Chemist: 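For reference, the structure I am asking about is given below.
Numbers restart at 1 for each chain; the letters A, B, ... are given by sequence-line order, proteins then strands. Ligands are counted one by one from 1 in listed order, and the atoms in each one are counted from 1 as well. The analysis underlying the following values was restricted to heavy atoms, covering all of them including side chains, and did not include hydrogens, waters or symmetry mates. This deposition comes from X-ray crystallography, 2.0 Å.
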Amino acid sequence: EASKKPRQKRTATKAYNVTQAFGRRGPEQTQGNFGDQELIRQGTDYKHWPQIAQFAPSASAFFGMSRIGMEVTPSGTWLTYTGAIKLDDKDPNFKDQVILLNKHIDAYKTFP
Amino acid sequence: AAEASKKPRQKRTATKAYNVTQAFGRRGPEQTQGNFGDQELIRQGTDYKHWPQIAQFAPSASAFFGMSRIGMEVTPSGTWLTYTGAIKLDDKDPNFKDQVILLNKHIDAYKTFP
Ligand SMILES: CO/N=C(\C(=O)N[C@H]1C(=O)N2C(C(=O)O)=C(CSc3nc(=O)c(=O)[nH]n3C)CS[C@H]12)c1csc(N)n1
Ligand SMILES: CO/N=C(\C(=O)N[C@H]1C(=O)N2C(C(=O)O)=C(CSc3nc(=O)c(=O)[nH]n3C)CS[C@H]12)c1csc(N)n1
């Protein structure tokens, strides 16, 4: 049901987790590298999800801020995107946001 | 400054009142300038009449963090969350050709107009 959406519109939850929705975390260019074991398992049910989601772009900002491309490979036609989002280092929450992001970025490297 | 400007950049939404340039900067070739949008999309933002056919490819917050390669960089300008990824078009969708035309129409369109 949740799995019938195009990948880019899926919402991961406990019932349909980040692995089920977006594949396993890993180093390859086609894989996602973000999330510790708790976030992977809980998705948007993760207790600190709101603090992560604040960094996710609106549809307008995704198409507004990103460098957008199209590539045709053996596997199909792809809309590529890259960009950068500046953290608000003036907010008191800055230091905690850094700790949160650092806990999830490439977290899979330490999994048993 | 407009209240629409007071959102963090990534949470800003461009419209006729507060346009793509105002919200997200002039389109251009540089590494973290946006390169997407013709003159009509730039002016109109989500008011563009074909916005829905573009937005269908935009990621949910969950998918943005699930699909993308995420990094952090600390530089003289601040701390930046970097992202890269790719979203697969459905080449079985009868509307696929038209999706490709619409995307291509906005990708690097700025090159053809001041
Ligand atoms: C009828 O529009 N009234 C507007 C308005 O929305 N402003 C416009 C503005 O600068 N826009 C632009 C453009 O930027 O080129 C355009 C595109 S330019 C254009 N469109 C045509 O369809 C056409 O036949 N010829 N041209 C030259 C559309 S109106 C808008 C307005 C703003 S304040 C006020 N009192 N009226
Ligand atoms: C002397 O005319 N000056 C014009 C002009 O083209 N006049 C209008 C005319 O009859 N057209 C009308 C309409 O009739 O509604 C419209 C439709 S309304 C509209 N279209 C947009 O694309 C947009 O972004 N916003 N809006 C509100 C377009 S301009 C033109 C103009 C356009 S940009 C600019 N600086 N001047």
Chemist: Please pick one of ceftriaxone, nedisertib, ivabradine as the drug found at ligand 2.
Modeler: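 That would be ceftriaxone.
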Chemist: Name the macromolecule with the most heavy-atom contacts to ceftriaxone (ligand 2) in this structure, as the PDB entry names it.
Modeler: Nucleoprotein
Chemist: Which other chain letters have a heavy atom less than 4.0 Å from ceftriaxone (ligand 2)?
Modeler: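 Chains with a heavy atom that close: B.
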Chemist: Could you walk me through which residues contact ceftriaxone (ligand 2), taking a 4.0 Å heavy-atom cut-off?
Modeler: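 With non-hydrogen atoms counted, the site is B:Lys16, B:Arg43, B:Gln44.
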Chemist: Would you say atom 3 (N) of ceftriaxone (ligand 2) makes contact with the protein, given that contact here means a non-hydrogen protein atom less than 4.0 Å away?
Modeler: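 False for atom 3 (N) of ceftriaxone (ligand 2).
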Chemist: I'd like to know if atom 35 (N) of ceftriaxone (ligand 2) has any protein heavy atom within a distance of less than 4.0 Å.
Modeler: no
Chemist: Give the UniProt domain of chain B with the most residues touching ceftriaxone (ligand 2).
Modeler: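 Chiefly UniProt domain CoV N CTD.
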Chemist: Would you mind checking which non-hydrogen protein atom is closest to atom 23 (C) of ceftriaxone (ligand 2), with the distance to 0.1 Å?
Modeler: B:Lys16 NZ, 3.4 Å
Chemist: With atoms numbered from 1 as shown, which atoms in ceftriaxone (ligand 2) lie under 4.0 angstrom from a non-hydrogen atom of B:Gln44?
Modeler: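 Counting atoms of ceftriaxone (ligand 2) from 1, those under 4.0 Å from B:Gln44 are 21 (C), 22 (O), 23 (C), 24 (O).
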Chemist: Nearest protein heavy-atom contact for atom 24 (O) of ceftriaxone (ligand 2): which residue, which atom, what distance?
Modeler: B:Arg43 NE, 2.7 Å
Chemist: Going by distances under 4.0 Å, which other ligands and ions neighbour ceftriaxone (ligand 2)?
Modeler: ligand 1 (ceftriaxone)
Chemist: Hey, is atom 21 (C) of ceftriaxone (ligand 2) touched by any protein heavy atom at less than 4.0 Å?
Modeler: yes
Chemist: Does the protein put a heavy atom less than 4.0 Å from atom 26 (N) of ceftriaxone (ligand 2)?
Modeler: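 Under 4.0 Å from atom 26 (N) of ceftriaxone (ligand 2), at least one protein heavy atom found.
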